[PDB]
Structure formats: C-alpha cells, structure tokens
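Bound complex of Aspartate carbamoyltransferase catalytic subunit and N-phosphonacetyl-L-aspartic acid.
Each sequence line gets a chain letter, starting at A and going down the list. All chain A residue numbers match the PDB entry; in order, they span 1-291. Note that chain B carries the PDB entry numbering, so the residues on display, from first to last, are 1-291. Using the numbering of the PDB entry, the residues shown for chain C are 1-422, in order. Chain D is numbered as in the PDB entry, which gives 1-422 for the residues shown. In what follows, every heavy atom counts, from backbone to side chain, and hydrogens, waters and symmetry copies are set aside. Numbering of ligands and ligand atoms starts at 1, following listing order. Not the full deposit; the contacts listed refer only to the portion displayed.
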Amino acid sequence: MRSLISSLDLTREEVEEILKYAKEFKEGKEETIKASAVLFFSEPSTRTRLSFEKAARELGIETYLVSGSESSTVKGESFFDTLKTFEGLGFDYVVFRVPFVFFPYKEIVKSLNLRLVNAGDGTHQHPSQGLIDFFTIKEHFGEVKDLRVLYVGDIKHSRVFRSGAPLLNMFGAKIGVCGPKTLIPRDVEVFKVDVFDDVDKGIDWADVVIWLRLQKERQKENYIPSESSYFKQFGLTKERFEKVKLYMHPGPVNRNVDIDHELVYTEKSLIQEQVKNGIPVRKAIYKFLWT
Amino acid sequence: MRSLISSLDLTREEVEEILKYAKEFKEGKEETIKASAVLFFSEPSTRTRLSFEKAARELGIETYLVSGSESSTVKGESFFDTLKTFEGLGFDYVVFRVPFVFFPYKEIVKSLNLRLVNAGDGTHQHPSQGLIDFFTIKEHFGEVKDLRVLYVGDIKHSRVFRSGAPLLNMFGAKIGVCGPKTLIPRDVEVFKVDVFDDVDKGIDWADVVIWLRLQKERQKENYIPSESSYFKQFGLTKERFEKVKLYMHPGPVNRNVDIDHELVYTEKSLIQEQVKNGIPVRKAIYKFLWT
Amino acid sequence: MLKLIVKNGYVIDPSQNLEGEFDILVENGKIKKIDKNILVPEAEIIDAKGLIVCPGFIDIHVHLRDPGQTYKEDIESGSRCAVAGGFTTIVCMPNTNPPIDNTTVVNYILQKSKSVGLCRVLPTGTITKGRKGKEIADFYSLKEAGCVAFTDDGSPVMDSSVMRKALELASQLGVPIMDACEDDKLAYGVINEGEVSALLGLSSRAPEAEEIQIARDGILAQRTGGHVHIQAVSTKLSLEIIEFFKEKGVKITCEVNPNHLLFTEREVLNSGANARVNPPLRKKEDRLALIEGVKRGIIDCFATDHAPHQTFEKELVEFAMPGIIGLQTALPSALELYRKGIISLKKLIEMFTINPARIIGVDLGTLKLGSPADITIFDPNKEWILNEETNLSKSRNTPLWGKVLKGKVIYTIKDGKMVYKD
Amino acid sequence: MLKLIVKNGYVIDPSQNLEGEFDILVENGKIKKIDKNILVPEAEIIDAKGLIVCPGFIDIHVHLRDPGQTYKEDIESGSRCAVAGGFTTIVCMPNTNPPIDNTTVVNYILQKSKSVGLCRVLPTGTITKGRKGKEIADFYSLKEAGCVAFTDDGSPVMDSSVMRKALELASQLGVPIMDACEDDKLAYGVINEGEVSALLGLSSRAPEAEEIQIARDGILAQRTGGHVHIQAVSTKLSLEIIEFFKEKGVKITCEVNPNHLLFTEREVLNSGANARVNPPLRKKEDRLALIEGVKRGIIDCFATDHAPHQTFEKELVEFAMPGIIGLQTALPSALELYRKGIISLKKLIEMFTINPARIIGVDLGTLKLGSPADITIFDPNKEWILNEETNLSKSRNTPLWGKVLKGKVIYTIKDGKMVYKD
Ligand SMILES: O=C(O)C[C@H](NC(=O)CP(=O)(O)O)C(=O)O
Ligand SMILES: O=C(O)C[C@H](NC(=O)CP(=O)(O)O)C(=O)O
Ligand SMILES: O=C1C[C@@H](C(=O)O)NC(=O)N1
Ligand SMILES: O=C1C[C@@H](C(=O)O)NC(=O)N1
Ligand SMILES: [Ba+2]
Ligand SMILES: [Ba+2]
Ligand SMILES: [Ba+2]
Ligand SMILES: [Zn+2]
Ligand SMILES: [Zn+2]
C-alpha cells in the first residue's frame, strides 16, 4: 500500500516493474482496479492531471477532482489535514500537485492510509514525468545505458529534471545540463551531470535533448535579460535543428522561447510521444501502488 | 419529491428516518438511485462537496460539478434562473453552497421540479452538517437526550451551529455556547442555549465540545484582537485537553486557533469520525429525498 | 513589622458604617482589630491624636507618564505624590509611550511599581491597539497580566461598534471600560466653548462632545450589560444623562476631577495654560451642578486625572498640553466642600475609598478585619502651600500652585508600613 | 550564605593562567581565596572531587523569546536551560515582540530576569528602530538602560551607511555591534546553497551573503574604529576574511554556533526542519574550517544562538522557522573537540568564559579574587541524553534530540548561590 513522492525512492527493480506495466498498457492490456482517486491540483495542469485522470478511469478507478483555490485550503486547511480529510472520505489514491516543496514527506506518508502520488511539488519532484521521460527515451533507443541526455534551460526550478535525472543515472545514462548560468544549481553535480556553457556543444554531445520551460511562476527574481535572447542562446532554433539528433520537452512548450514555432512536431521530436506515454506510465503507477 | 434547506424543517420522524438510512449505509448497505445531481458550489469546500459527490456516485447517481465563478452567474444569471436552468437540463438533485442567506426559500423550492439540498447558505443553514454532527454524537453516546453539548467560537456566523442545535434540542439535548462575546448573537437563547463567558466552565459542563472555525470570510468587521489570543481564551489548548471529555469540529480546523496543533486526532477527538460519517449521512439524504 | 497600633485617632470606615475614637491594630500588613485603647507588647506606635484615620485613598485616574514621558513625572515621582496626597492605590492610564496595549508594558509598570514600593499601582490597558481607535486591544492578555480596566484616555473612541465591542469583551472578562468622553468633531480646540473662547478666539471644545459620548456609553452599557465608567464629568447635562441611566439599573459610574469643582473657564484668564485641560473647565452653572452631583450621589468618586506637563508645555494656551496635576491637592480641594457643609466627612471619605474600590472591583478602601493595612491619617484643618518646598511632582501645572490649602495628610500607611509622613 | 567552599575539584581559570587541584572560598557572593585544602568554621560545602571547576560560562547569543513568543521559551525556561548548561550569564537577542528598541522592553527583561534569579541576563538593543533596517535605534537610551550591544539579529542590515552609523554611534558609547551577516538578496531561501538545495530544489542561501557582509563589517570597523562582532560564522572564506582584518588590528571578533561544528547541510536530510538554521549548515569543508578556526584562535568564542521554535514550526523545511536550541548541548558539543585532541580543556573553557567576557566588556569569566562567584562545575565524561526527561527548553528543535551526549554540568553557581545541580 505505498506512495510515490520522489524518483529518489525507486529502486532499479521498481522502475523495471513500473515500466513493464507501462509497456503492457501501451500495447493494449486491460486491467480493473476497484478504487477511488482524488486529484488535488493547486497549480495549473493540462496533461499531467488529464493523463492521471484518464489513466485512472480506463482502469475502472473513480476519479474526483479538487482544485486548491476551490477547496477548504482557502479556509486554512493545511496540506496534512486535507490529506487526512481524503482519508476519512475513503479515497484510495490521492494524486496531488502543490506549489511548495513537500519535504520531509516520509513520516506524513507513513501516517496516512492512502496511496499518495506526487504530480508535482514546487521545484522538487514530479516522479511520473521522470518515468515518462525515461520510458520515452527507452522506447526510442532500446536502452538508456551510456546514452548522453542533455537537459536545457531552467534546471534550478525543475522538478522534471530532478525526477528524470536520477532514474536515467540509475540505469547508466549520462546527464548533461545547459542553461543560463544563473539557473544552473552550483552543486548540480550531485546528479552526476556535465555542465555545458554553450548549447551548441551540448547539442553536439547529446543523443537526446530535453528542453525545459522557464519556470517564471517559480522564479523569485529575474534571471535572464529577455525571452528572445534566451531563445537565441539556448532555444531549439532552425539553425540548431540541422544538428540536433532528437529532442523532448515535458510541456507545455513556449514557442520561440524553448523551441522554434515550426519545430514542435517534427520527425526528430518525441514531444508528442511523451504525451502519448503519459497514460500508460500513469496507469502503471496506479497499478504499481495497488498494494 | 422534496428538498432539505433547513434543519428547522425536519420533524423528529424525518430525522429518525434519515439517521436510520445513514446507519444502514455506514454498516455497508448498497442501494441504487437512477438520478443525476449537479453540485453547485460558489464557496470553497473540500469535505462537504466531496462527500456529497462520493455519496451520490456510490448510489449510482451521476454527478456534475459547477463552481460559481466558472458558471453563468458571472454573466448575471440569478440564483433562481440557475436552478431553473438545472431544471431544464433534467437534474434530479441540486446540491448547492452559496455565499448569501437563502431566505425565504419555501416559495422557490415549491416552484421547482427539483430536489434541492442546501450544502451551506452564508451564515444560515448547513443541514447535512447538523445531521452529521447529531449522528456522530448519537453513534458515540447511544442517545443525545440530556447530553450537554457546547459549541465554542464564532456562533454568530455559524450555519453549522444553526443546523445542529435545533436537531439536538428537538431530541432533548442541552446546548451551550461559549465564544468572544462579540460573536454570540444577543438572542442566541432562541436556540434554548446556555451562554458561558468562560470556556473552562463550558468545558467542565460539556459532555462534548464542538469547536467552530472563525468565519473570517463572512465577518464584516474585526471582532477579535488576535488569533493567538483567541486560541488562549477559547481554543482547545494542551492544558484544556486534560479536562475536555470529548470534542468535535465540522472542519476545516485552524490549528493553534481552534485546536492545538497536536490535538486534532486524539482518542478524545470525533473530528475524523465526523468526516467518515459524511458520506453515509449524505447518502441517507439523497435517499430520503428520492420521493 | 509584626505589630503596629494607630492610637487615639478619629476612625471613619464608611464601608462598615464604622466611626468613633478607636485604635487600630495591624498584624503582618493586615487589619487585626479595631477597639478602644488597644495595647500590645513590643508594638510600633503612631499617635493619631486629633487626626482623622480612614482607609487609604484610591485614585482611579492618574497619569504616571512612565514609560516614555518621564521628564513630566515617572512611577517614582507619581507614587510619592500619591502617598503624600493620602493615596495607597492609584490606577495609571495607558497613554504612555509605548501605550499600555501589551503585556510587556503592563509588566514593566508592575515591576517598577513594586521596586518603588510606596503605593499600589494598578495598570489599565488601551481600548484599541496603539490607542489609534481602530482595532480592539488584546483584553484577554492585558487583564491576565493585571490590567483592571480599559480606556483610550485621553482619546475618545469614535466608532460606535468599537466601543460596543470593547464593552462586550470587557464585560465578558468582568472589567469595566473607562471612557474619555469627547467626540473629536466637536472637541478639537483647546478650551471650553463658552465665554472665554468667544472673548479671545481660542478654539473650543463643545460640551455636547462630552454629553453625546456619555449618552452613547450609557446606551451601550445598557444593551451590552457592560460597565462603563465615565471619566472627568464636566457639565450639568452630563450628570442628568448619567442619572437617567443609573435610574434604569445600567452599570454606569462616573468620577469628578476636583479641579472642575473649584475652577471654571474663567481660570484660563487667571492661570493661562495651567487651566488648559480636557474636558475643559466650563461654566459656573456646570461647576455648581457638579457639586450638586457630588451631594446627590450621582458622581460616584473623586479621581484626579493627575496629568503632569512641564512648564514649557504650559505657555501659550493654543500650544499647551492639556492637564492639571492633582494628587497632592485632591484632599484639601475636596475638604472645601466639607467646610461649606456640602458633604459630610464620611461622604468625602466614601468618595476617596470604598466608592472607587467598588468601581474597579478591588477589595480595598476598607478597614475590614483581615484586609490590607492601607490607612490614611489626616488633619482636615492643617494649612500648607503647594510650591517648590512642598511639590513632589516633577511638574507644577495646577492653578492651585502657590495658593493656601487647608487639609493635609499626616500619615500614609500601606500594608502596615509607613510610606509617608508630614 | 556568608561562606561557601568548593572542595577537591580540578580548577581551571585561564584568565589568570591558574590551574590545579585547589579549593575555592566564597564570601558574600564573591571569590575570597583559592588554595589547597581550605577549611572554615560553619561553611557550606559542595564536593567537586573528580570534577572540573571553572568560571561560569557566558553565552553572548541567546533567544529568550520573551516578550512575545513565550510559547517557544521565556526568560524562566531559557534561564533554566542556561544554568543546566553551565551558563551564569547570557546575552539575549532583541528580535522579541515587541523588539528591544526601547527602554521599557529592556527594563521588563532586566526585572523579569532578576525575579527569575538564575543567571545574569544582559539585553542587547536593535541596530534599527523596529528592527526594520531603516533608522538607527536610540543607542544612547538603550545602553543607559543596560544594553551591552546592538544587533538586528536575525535580520542583516542592508544599507551600508546604516551599518556605518551604527558602528560610529556604538563605538562612541563603547559598545560593540553584533552583526547577523547575510545579504538578503543572496540569502532569502531556506537552506545552504549546496548539495541538498540542488538535490531537493529547496530555496537556498548563498555563502557569499554571509561573506560579503563580514567583509563589509571588517572594513566599516576598520574605518570607524568601532568593534564589530560577527555572529554564527559558517564558512571557510568567512574565517579567512575575519583573520585578514584581525591581522590589521581591526576590532572584529566572532563566534561559532557549536551546531556548525557538528553538522553539515546533509543534516537537513536526516533531521529535516530541525536542521533549518540561519546561517545554514554548510559543507564538510566549511565544518572542518570552522574547527580549524577554533584551533587557530580565529573564532573568539562559542555562542549557541539558542533559537527555540515549536514542533509545528519545524515540519516542512520550506515553512519552518530557522533555528536550533543549544544552551544545554553547548558543553558536550564543545567537548567533542576536546576528545578528538583538537583543543585543550583550558582552550574550551577560554571560549566559554574569558573570551566572551572580553567581547562584551564585562568583568566576568574569571575566578579573580573579589569578582562575582560565578562558577561552573562539570564532568567531561558523564553521559546523558537530551529528551523529555532532561530538556529544560519549552522547545525541542535540535538534531541532537535523543542522541547520547558526553560531558555534563554537575553544579552551576551564581553569586555564591547554587542555582543548578545534576
Ligand atoms: O511545467 C513544466 O514546465 C514541466 C511540467 N509540466 C507538466 O507536468 C505538464 P502540465 O502542467 O500540463 O501537467 C511541470 O513541472 O508541471
Ligand atoms: O467552514 C466551516 O467553518 C464549517 C463548515 N465546513 C464544511 O462544510 C467543511 P468544507 O468547507 O470543507 O466542505 C461550513 O460552514 O462550510
Ligand atoms: O484627556 C486628557 C488626557 C490628559 C493627559 O495629559 O494625559 N490631559 C487632559 O487634560 N485630558
Ligand atoms: O538569524 C537567525 C535568527 C534565529 C531566530 O529564530 O531568532 N534563528 C536562526 O536560525 N537564524
Ligand atoms: Ba522503494
Ligand atoms: Ba418536514
Ligand atoms: Ba475556477
Ligand atoms: Zn486621564
Ligand atoms: Zn540569533
């Protein structure tokens, strides 16, 4: 009966198990889980919320949606008390996305009779996205071992990076980061990463590049002089398209900031593939947590 | 084919009937009602909305959710016209929570081919919560007759008090109130209540104490000098915990305002029990209103 | 100090309907026995022969200026004034700087007063935070720390719900509101709206400013059940309004500043800014009505509103700080009414002792067996002059400066200890 | 209490280069003689056989939370912690509520501390009014009332002229500035900018925030002639900068929180919000540099920055109040360095006694003849656990909660009076 709060808590075996279910679901496996899930979102979401929702429903899980600013959070109900409320209401799963870092989480998880699934907690973790990104990379290449995976952009504020990098590392991939030096953590090498000052070197090095969106709503000061200059320095431009081998973006894309307006859906883009992998990976997670 | 707008409209027999269904549902009774319900919330809610929703779904009722500020209320549709819209759309039930007092209501109820269920109307009524509180008290003690039930806090702004007190009274319980004198109605004795100036006397008197949240979003001026002083004067502090026999809170709790941070889930607290009783009581209400 | 005897004095204890020539035995700071010619082995003796012996006086309206304005007065200088005037208990007002709207300021005052060790100083809290008139203060914490009442003195409360809420929360706690009654739209000038303002063109303060708030407070007291104490009453209509609410059983009490018994607005022409005070000195008809309100029991007690200000704050009337010192002059001032046969000596003592005690709900102002040995001993006939030789205040601001007073404290006793002697 | 003798202990008084097995005679709260086998008629005796006897410890960085946050700790609970930890003198920080920026708050603390009567509590004042960082506070009135230093702890001063003006006006008065060094543009997150912030995405506080202000303060101290004391030093570069100014003869002193000697940022992963502190726990290299700065005499004293917060203020790191309690754990924590042979026992005592005394200019931290009999007696080897049985703080916020400590106070003596015993 467990929870998935952080990629850092998954063993190799657990990832193999999840991704095996995900592949099975992608190939059309049906399965019924008689459960209910409440999806508690106090940050915006399109794909993460809808894929968790649709994944649940296709498994027979009844889904309930609560957005933070309509919930009794507005009356001062703490995060813990909200989850405890979900527990009293008989929910089996709680899929949550919140604007703060949920750390420490272990004692709270342990104290609840609930299957908690982190759909994003501030700048901290988004484990299902890391799983989707790993699965997407693996589906493309066969294995991730020794692959060179470059993340570009706002690393500092990225729960997508923090969920994906450890999983890739754990299976022998090599991670690189490139972005405005103001948005690269000083001790980013805690993820065993190479740092590229220059995105063109990073792109030549990379087997796959994951562009990340500027987390403007999370940034406590201005970190970059401008979006169009950022695009020239770091973005997937038309010139860079010739050289890029393959690329990803967890979404949503900011066109002409991250990726050129014309380059979102090319034969080199796995972006739509990440979307399509959302439901099977998120089904795999409900299943993996069903005891 | 009726509605439940106010506790004041329930006879003894009706309450016995509702609570009998609630007990049956709590003990696992299944039942199907082929109906649809629209849940129309223009104030925040977690537990009331989710328990009405989950209650409906477990009875086979299709549920639809509308939050006020996404609805055509924003285009000037009046409350009545919204309900009439629900009627044209074929809803059987309308569960509503609104920021104003729905009074008078009888003529409007009578004019609609709908089962209206008040999930909270301003400072006026919240009948399902009064039923849940009565049921919770009754499940604990066996009967409510001659029990001493103390409500603490913002009485003036409390639809929870106004729904619970008449039901308890009707079955012979004794109601007491204690709170900032600025938040006790001058003619609170219209509920046949004793008034305690001092929460420690109230706590010694009470068999069960229901802490109420300060209705800050309803208060038209400042009534108390501060939240931490309120907590010292009226809150369930650690010192008071030794003396309190049993306690409740309709939720959400404001920790260290109503109830000490450590005292929300103790062996003396029925708070979680109120949450767990939500669905069976709200099922009982749908059933009670199904003709 | 195990044992003290106050011998041969004329004892008056109105709380007990007790008077005559009796001795008082004090044991461990407390009243032990009251009887004819008491004698005990190894006792301290003070001889009160030819003098009046009564409970220590209680002044429920004093400005100690401490913290924040200690060049005017401080807890020490005010306490010396108090005891030199016969007061063993004073209530200090909360218009200090910082104001008494938190428990730190209360505790500072309590601790400093204990260190000084002359009279009991009982703090009040503000009605509003910062005394700004907008938000009720934390009554619960302030009462628990030792405040005995709430007032925004010397500022009125202008919002009626604020005042209502003050009364509600205070009565819930069992303590009164003391209200400084002067509507600030009608009282923003410097002296009474009467003959002197008309003659000189000084800005004025309308008597209705006081009356309207007293009427408001009586109504609020009536409807909330709270107790409101009206500070420094100054007009005939005011007393009429108070009596109208007292007649209905409303918990409304009041006090008079003895200066308002002695002086009218005309004093502004003789004493300049030392007659500037809020509420102002008003007309003859008001002065006489006040005396009549004392006689008829409408005014519940004397209270000085001892309000010291320095000489440079008492120059041009327009710029002068309002207030008059009075702790050392209260008794001879009151005794003027006794001499004219307006009140009895018992009545004068009631107004200084048991009446103020009952207003603030303290068990003092009494010589009941077992109660604290707070005793004042005075000569109703002894003449003296308030001047540099005799003034214990840091300030001098009173029209009685340099004038002959009749009536004077010989001994002040607090918990069985002599804290003052002539 | 005329006469007390501390017998058979191993006395260490670094201020006098005095050590050996000596007895101490105390007369009227003061040190009278120190000699082999002293014996006097009708003396109190405490036997210190097998124990270390030294001057009472002085902690120049303590949060008493009093006034205004007394649910965290108050003067009483903090004083019990102090004495249980071997401290006879503590300096309290001014980030109370209301803050210590006026003489009422100073006096409240002084008087309350006298009532409590366990250790000497020396207040500091704020650098700025309200600690808002804009206007210098009234140093003159605050020093006169008893403040021994000014700090805006736990807020940095961001304007350089404000800091310069603080240093100028303080040095004119002969008192130091204690500066909470963390530039608020570079330190507005919750933990160190290192591995843990990178791994978890918690907002961070850059080591340069501390370094830049320490460098600024050394320069200001140099040019004004004022004395600046750097609180809770936490990085290698910081110590390098301090030493650079000490080398030039600048009056700059510093302290280390023993927690920074014991823990790194990694502790955030093991203890969660009980490792949230400003300045943060930083890296291994910093921890080791700190220990090296203690060894080489760059760090002048230990000071706890005892900073209690309740458990509900120590839940999710992002929302947690920063701070660690430390008064009861300072000594065993320090003794860890003694056990590893990093510092001598004399050196450890210097850092708790004479060094902090000299920083704040008080004649304490000594067993000199005629000086106050503030004496601490301790067992360097006695094991205990900080838990519910043993904690005297109202709060529990320390990563050492529940862990085995070695080194413990057996007796604390203040003015010849035993105020604590094991
Ligand atoms: O928002 C991003 O930049 C990446 C990532 N995005 C998503 O999960 C997609 P969505 O917000 O549409 O669910 C996230 O961290 O929320
Ligand atoms: O809000 C309260 O204080 C009591 C009561 N609360 C509830 O019904 C719980 P919720 O708002 O989470 O549905 C209400 O009146 O809405
Ligand atoms: O209301 C007040 C306050 C007082 C003072 O100086 O405090 N002086 C006055 O004359 N009237
Ligand atoms: O600068 C500070 C202040 C302190 C507090 O809680 O007062 N706690 C800290 O951790 N750092
Ligand atoms: Ba695992
Ligand atoms: Ba009916
Ligand atoms: Ba919305
Ligand atoms: Zn006054
Ligand atoms: Zn500090």
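- N-phosphonacetyl-L-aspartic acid, all copies counted: located at ligands 1 and 2.
- With a cut-off of 4.0 Å on heavy atoms, the other chains touching N-phosphonacetyl-L-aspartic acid (ligand 2) are A, B.
- The model tethers N-phosphonacetyl-L-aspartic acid (ligand 2) to no chain through a covalent bond.
- Contacts of B/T48 with N-phosphonacetyl-L-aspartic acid (ligand 2), taken as heavy-atom pairs under 4.0 Å, involve both backbone and side chain.
- Taking every heavy atom of B/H126 and a limit of under 4.0 angstrom, the matching atoms of N-phosphonacetyl-L-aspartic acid (ligand 2) come to 8 (O), 14 (C), 15 (O).
- Of the residues that UniProt lists as binding carbamoyl phosphate in chain B, those with a heavy atom under 4.0 Å from N-phosphonacetyl-L-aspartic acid (ligand 2) are: B/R47, B/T48, B/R97, B/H126, B/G251.
- Residue B/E43 does not touch N-phosphonacetyl-L-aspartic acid (ligand 2), judged by heavy-atom distances below 4.0 Å.
- For the pair B/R97 and N-phosphonacetyl-L-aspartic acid (ligand 2), the shortest N or O to N or O distance falls below 3.5 Å.
- Atoms of N-phosphonacetyl-L-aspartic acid (ligand 2) lying under 4.0 Å from at least one heavy atom of B/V160, given by number and element, are 4 (C), 5 (C), 15 (O).
- Ranking protein heavy atoms by distance to atom 9 (C) of N-phosphonacetyl-L-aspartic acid (ligand 2), first place goes to B/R47 CG, 3.4 Å.
- The L-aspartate-binding residues of chain B named by UniProt that have a heavy atom under 4.0 Å from N-phosphonacetyl-L-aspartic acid (ligand 2) are exactly: B/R159, B/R213.
- From the protein, the heavy atom lying nearest to atom 10 (P) of N-phosphonacetyl-L-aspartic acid (ligand 2) is A/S72 OG, 3.3 Å.
- Taking distance alone, with nitrogen or oxygen atoms compared against 3.5 Å, B/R218 stays at or beyond that limit from N-phosphonacetyl-L-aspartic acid (ligand 2).
- Close contacts of N-phosphonacetyl-L-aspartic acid (ligand 2) with B/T46, meaning ligand atoms under 4.0 Å from a residue heavy atom, involve 10 (P), 12 (O), 13 (O).
- Considering only non-hydrogen atoms, atom 2 (C) of N-phosphonacetyl-L-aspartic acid (ligand 2) lies nearest to B/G251 out of B/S45, B/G251, B/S163.
- Heavy-atom proximity to atom 15 (O) of N-phosphonacetyl-L-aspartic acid (ligand 2), evaluated over A/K75, B/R159, B/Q215, is greatest for B/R159.
- Neighbouring residues of N-phosphonacetyl-L-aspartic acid (ligand 2) under 4.0 Å (non-hydrogen atoms) are A/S72, A/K75, B/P44, B/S45, B/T46, B/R47, B/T48, B/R97, B/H126, B/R159, B/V160, B/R213, B/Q215, B/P250, B/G251.
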